[PDB]
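trpm3, liganded with primidone.
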Amino acid sequence: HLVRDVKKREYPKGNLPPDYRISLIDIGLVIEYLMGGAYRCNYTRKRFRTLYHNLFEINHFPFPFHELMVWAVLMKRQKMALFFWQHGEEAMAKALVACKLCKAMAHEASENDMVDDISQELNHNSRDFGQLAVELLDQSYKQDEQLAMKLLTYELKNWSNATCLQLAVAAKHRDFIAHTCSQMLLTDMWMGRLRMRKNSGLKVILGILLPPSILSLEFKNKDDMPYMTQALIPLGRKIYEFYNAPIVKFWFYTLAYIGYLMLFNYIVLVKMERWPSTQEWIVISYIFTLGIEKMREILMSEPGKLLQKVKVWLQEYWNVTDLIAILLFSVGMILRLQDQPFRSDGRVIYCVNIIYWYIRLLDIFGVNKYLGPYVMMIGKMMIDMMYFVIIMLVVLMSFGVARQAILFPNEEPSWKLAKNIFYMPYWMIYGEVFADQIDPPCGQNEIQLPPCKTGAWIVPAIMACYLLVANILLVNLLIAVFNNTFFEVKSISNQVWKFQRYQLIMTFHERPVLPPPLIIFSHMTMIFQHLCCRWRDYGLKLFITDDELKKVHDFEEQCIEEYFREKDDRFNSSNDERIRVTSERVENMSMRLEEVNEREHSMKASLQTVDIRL
Amino acid sequence: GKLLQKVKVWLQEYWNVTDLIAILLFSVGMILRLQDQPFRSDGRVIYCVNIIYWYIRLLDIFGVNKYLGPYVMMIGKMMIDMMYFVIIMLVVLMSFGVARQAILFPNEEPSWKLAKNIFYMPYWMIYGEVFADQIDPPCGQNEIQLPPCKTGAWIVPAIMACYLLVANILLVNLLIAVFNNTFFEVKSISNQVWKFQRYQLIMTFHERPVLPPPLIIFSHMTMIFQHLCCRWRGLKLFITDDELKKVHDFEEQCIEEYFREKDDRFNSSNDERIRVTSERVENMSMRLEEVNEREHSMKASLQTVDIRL
Ligand SMILES: CC(C)CCC[C@@H](C)[C@H]1CC[C@H]2[C@@H]3CC=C4C[C@@H](OC(=O)CCC(=O)O)CC[C@]4(C)[C@H]3CC[C@]12C
Ligand SMILES: CC(C)CCC[C@@H](C)[C@H]1CC[C@H]2[C@@H]3CC=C4C[C@@H](OC(=O)CCC(=O)O)CC[C@]4(C)[C@H]3CC[C@]12C
Ligand SMILES: CC(C)CCC[C@@H](C)[C@H]1CC[C@H]2[C@@H]3CC=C4C[C@@H](OC(=O)CCC(=O)O)CC[C@]4(C)[C@H]3CC[C@]12C
Ligand SMILES: CC(C)CCC[C@@H](C)[C@H]1CC[C@H]2[C@@H]3CC=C4C[C@@H](OC(=O)CCC(=O)O)CC[C@]4(C)[C@H]3CC[C@]12C
Ligand SMILES: CC(C)CCC[C@@H](C)[C@H]1CC[C@H]2[C@@H]3CC=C4C[C@@H](OC(=O)CCC(=O)O)CC[C@]4(C)[C@H]3CC[C@]12C
Ligand SMILES: CC(C)CCC[C@@H](C)[C@H]1CC[C@H]2[C@@H]3CC=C4C[C@@H](OC(=O)CCC(=O)O)CC[C@]4(C)[C@H]3CC[C@]12C
Ligand SMILES: CC(C)CCC[C@@H](C)[C@H]1CC[C@H]2[C@@H]3CC=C4C[C@@H](OC(=O)CCC(=O)O)CC[C@]4(C)[C@H]3CC[C@]12C
Ligand SMILES: CC(C)CCC[C@@H](C)[C@H]1CC[C@H]2[C@@H]3CC=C4C[C@@H](OC(=O)CCC(=O)O)CC[C@]4(C)[C@H]3CC[C@]12C
Ligand SMILES: CC(C)CCC[C@@H](C)[C@H]1CC[C@H]2[C@@H]3CC=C4C[C@@H](OC(=O)CCC(=O)O)CC[C@]4(C)[C@H]3CC[C@]12C
Ligand SMILES: CC(C)CCC[C@@H](C)[C@H]1CC[C@H]2[C@@H]3CC=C4C[C@@H](OC(=O)CCC(=O)O)CC[C@]4(C)[C@H]3CC[C@]12C
Ligand SMILES: CCC1(c2ccccc2)C(=O)NCNC1=O
């Protein structure tokens, strides 16, 4: 099923004839499609294409097990694949790749409507291989924490030059990106080349606001852990390593967002004249220079097809709601630069972006380890709040239509009838019963009150039923929902926060130095450098040597051997297996001891016969 | 011994710190009140600020009772969850307030009352006052000619609706859930911490003077006079050496019985019983195989010797 899809999508054939002898080149194209992204497998590298063309001790694969694992995972031979995982090397890479392969064959088989037993069992094998990765990583963390880092970040040349961090995030395997080893390593990329492991927020902000405070900060050495993408003199390196550190580039974009948001408030509370004010020109700068940055994230993303780059970008929901608000603020500008009333309406459009850009402070707030899980808590409870909104919408419009029609009989077609359905009953949920208009005094002589509309006594009574259902039934049931969905959403949103930290370090490592209002200088540097170097890759890898590659390898088979050894020891000392082994040995006692008694019967009988003959 | 270390140990107790702060502000209020106007009203204002603190302290006063004290520590532990709610609600409140003030009043001038109108109306909106006359005021019509509707003023009831839904229904109920799931943990910790702070309670009131604060100046002058005249001219039991011998022997009895009862629980837990039985049964299998081989040889030798006889 896979080989038909990768050949039909390459050169549109259709159903390939079943006699097709699927080449290792063709297997390589299956591997790239299931992996996704920029993974370009060693089969379809241009050297092995030459080798297959020139052949159909340079025939044996240097590390055969790696190719066997991929062979057994693609053909669903699970017990064979788990034996291949133990016997070998780069096992951390092998388990995380097999976790992504098993998940990728899972949704492909469900898409092709292959039988459900295929899709369930491939998702079971994905959880098995992913669980072996956590239990190997934990065992590496117990022995030597520093060598576990090198295992997590070294450049996996046999797996399209990725690292074990990138492979797990691509596999969305949340527990691997939430273990203590990965989080304290992601902290090390966050602080960058700074060793300021204390009161981190205050010292970095004082470095930004007062640039002389950078010189009093403790910086790590040049060989502690060089996480990098592609491979007076103190004081210049001190400023450069500070103003490239990802935690520095965060708070320097954050004090420019808080500086933007403080400025835009001033232009809309205070009047706007015909031409833009000095404050408003800094605002207009911030939106468009951000729009160039949001454009940059699309073009310099992972895929190659422009539409596939766009599809990667639409996945992040905070990124797409940036560009909608940027285009909305542009529309608000062009109207604002015209004569009123066009200006008045572009004033209004400006104030509606305020509804968005304070809510984007929620995402900036997500960096903190306490407010961050609180924010993802809010998003999950709103799905429960939508069901509250639908049930409330029936009860609100049932009171609203009944009140507007009984109290106001002889009305005419107007859209204000629709407003009066939703106006008064909606504010009754929030503490205002509109007490003067509950039961207005009618049909009496105060002056002379107007005559009572027929059936107006029903309006207090259906008010009573509506306020009981709204405020003591459905709001109270929403409280009961929110408690009993709070625990599991808490446990999920901590681990999802710890998993989306990886996105947060890696994007800010790729964002420019200067803030959004000054990003036009760095953006001109990138455009000029790309054009001039033409005339004349992602992630932070450790890029290790060869003799350290051997050593990091030897650390890892000892972790495979010790993991499997403690698994055999825990099984052979668990109470379940001790009762089993005791019971089976006692069963083999009973045939034995009964045989001893029958033979001692013949021995005592032969002793009696010899006693007769002696 | 050092004065700064004395100050730091004293500054560990937070109530003590806020006491010294409140006494300094009451001193400042006294000085401004014993001057003349326009300073006497300011000293009165400082006095009325200080009564808020001297009323809250009642919670520390109430912290001796077995039921109220842990409740006060519970309130203190849920303040942090409220602080997170405060930040989130502040973001939503400022969004509605800025949108309201900028849309409804479009020709204002630089003034600090803009910041008041940002925060005033949305904040009282959370506590059951929707300010019904100013939700959608009638405009753009004659009934007297009402002033023309500001452009986009229809948005204000809609962002009102969304703000009140995300204020009174979402965040408050989420804080109910947050307080409600963490109540058990905070309860257990607050009872244990209250039982711990009772030591500081007894200790401090053992060392405090007898006369009340309004008459502690007599005990304080007695203390300074006693310190001078005697310079010139915890609660322990101080047991005898015999009783030291008895409490010592009591303590080896408890240490022995502790280790012995631990070894009994280890050698009567189901885990060790199953382990020990399994090891014995393994040795039994080797030995019964040996007895089988030997007695088979013995039966064969008995048959051969019976052939001999
Ligand atoms: C780093 C983060 C935490 C804060 C960065 C933002 C502030 C430094 C900015 C944002 C809003 C700015 C204010 C916006 C508007 C004005 C009015 C402006 O006055 C006028 O335009 C008319 C009178 C005159 O010309 O002085 C004087 C500067 C001031 C106070 C600005 C001072 C600088 C402020 C506080
Ligand atoms: C780049 C932003 C996002 C963050 C950094 C904030 C500051 C660099 C900005 C924010 C507010 C700005 C101020 C806003 C308004 C004014 C008034 C302006 O006054 C005049 O031009 C007076 C004469 C005239 O009216 O033409 C002088 C610049 C100044 C102080 C600006 C200086 C630069 C400030 C402090
Ligand atoms: C003044 C009035 C108009 C109030 C404004 C109401 C809305 C415009 C805001 C208020 C709260 C916001 C929500 C707060 C929390 C979240 C979770 C967050 O989403 C995520 O983190 C993605 C994962 C997830 O949804 O759990 C950002 C979107 C969302 C739904 C926000 C969407 C926009 C909302 C509904
Ligand atoms: C069940 C709950 C969760 C949602 C249902 C409530 C909303 C859909 C309602 C309640 C208040 C309504 C608003 C109340 C008042 C107005 C003003 C109205 O504008 C005018 O009447 C023009 C100005 C004027 O004539 O005074 C336009 C509709 C609107 C925004 C209404 C739109 C629909 C709203 C937001
Ligand atoms: C399942 C639930 C969501 C149903 C809710 C339906 C009502 C909210 C809708 C459906 C039909 C609507 C009516 C359809 C037609 C008209 C005529 C319309 O008249 C005009 O616009 C004036 C015509 C002119 O003079 O040009 C005013 C709104 C009104 C009463 C509408 C008011 C709102 C109504 C009752
Ligand atoms: C289904 C849930 C999740 C969302 C709620 C959707 C509806 C209940 C809202 C969305 C759009 C609203 C409408 C948007 C605009 C108007 C025009 C508005 O017209 C006026 O106020 C005319 C001016 C006047 O004379 O007063 C009357 C309310 C109405 C129909 C609103 C009624 C309530 C609607 C249908
Ligand atoms: C009239 C207006 C100004 C309202 C006043 C509100 C606050 C001044 C009060 C109300 C409840 C008080 C809280 C109630 C409970 C506690 C626990 C208590 O803390 C402890 O006992 C732990 C600290 C220690 O004793 O070492 C005293 C602080 C605190 C947070 C209090 C701090 C002051 C608060 C917030
Ligand atoms: C849960 C969190 C988000 C609450 C945060 C709300 C506060 C930051 C706001 C809400 C109401 C505000 C107050 C509303 C009114 C006033 C009166 C104002 O006094 C004057 O303007 C003096 C002259 C006059 O009274 O007209 C000074 C600011 C103050 C205390 C405001 C200070 C800031 C407050 C306390
Ligand atoms: C980004 C979030 C977290 C905080 C947003 C804070 C705003 C509510 C503050 C910060 C900048 C403030 C402005 C900074 C400068 C001024 C000028 C100031 O003008 C004067 O003081 C002139 C003399 C006078 O009229 O008193 C009036 C307040 C105002 C508009 C401030 C109003 C309130 C603002 C917008
Ligand atoms: C964790 C939470 C509780 C922190 C909340 C901090 C801010 C939201 C508060 C604290 C101090 C407040 C300020 C204290 C005093 C004033 C002066 C006040 O000025 C006036 O009212 C001037 C007189 C007039 O009304 O014209 C306007 C609100 C403002 C800026 C307040 C706005 C809201 C502030 C910044
Ligand atoms: C506009 C907000 C922001 C930002 C700032 C801090 C954290 C996350 C995002 C920015 O200032 N420029 C780059 N991207 C962005 O959207």
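Each sequence line gets a chain letter, starting at A and going down the list. Residues displayed in chain A correspond, in order, to the PDB entry positions 504-515, 523-566, 607-781, 834-1048, 1056-1145, 1155-1232. By the PDB entry numbering, chain B shows 906-1048, 1056-1145, 1157-1232, in order. Order of appearance sets the numbers: ligands from 1, and atoms from 1 within every ligand. Header lists the method as electron microscopy, 3.2 Å. As a textbook-style caveat: the illustration shows part of the entry, and contacts are counted within that part alone. Computed over heavy atoms, backbone and side chain alike; hydrogens, waters and symmetry mates excluded.
- Lab note - all copies counted, primidone located at ligand 11.
- Every other chain with a heavy atom under 4.0 Å from primidone is listed here: A.
- Residues touching primidone within 4.0 Å, heavy atoms only: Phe852(A), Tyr855(A), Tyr859(A), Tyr888(A), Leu892(A), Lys896(A), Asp924(A), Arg962(A), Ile966(A), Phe1117(A), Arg1120(A), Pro1125(A).
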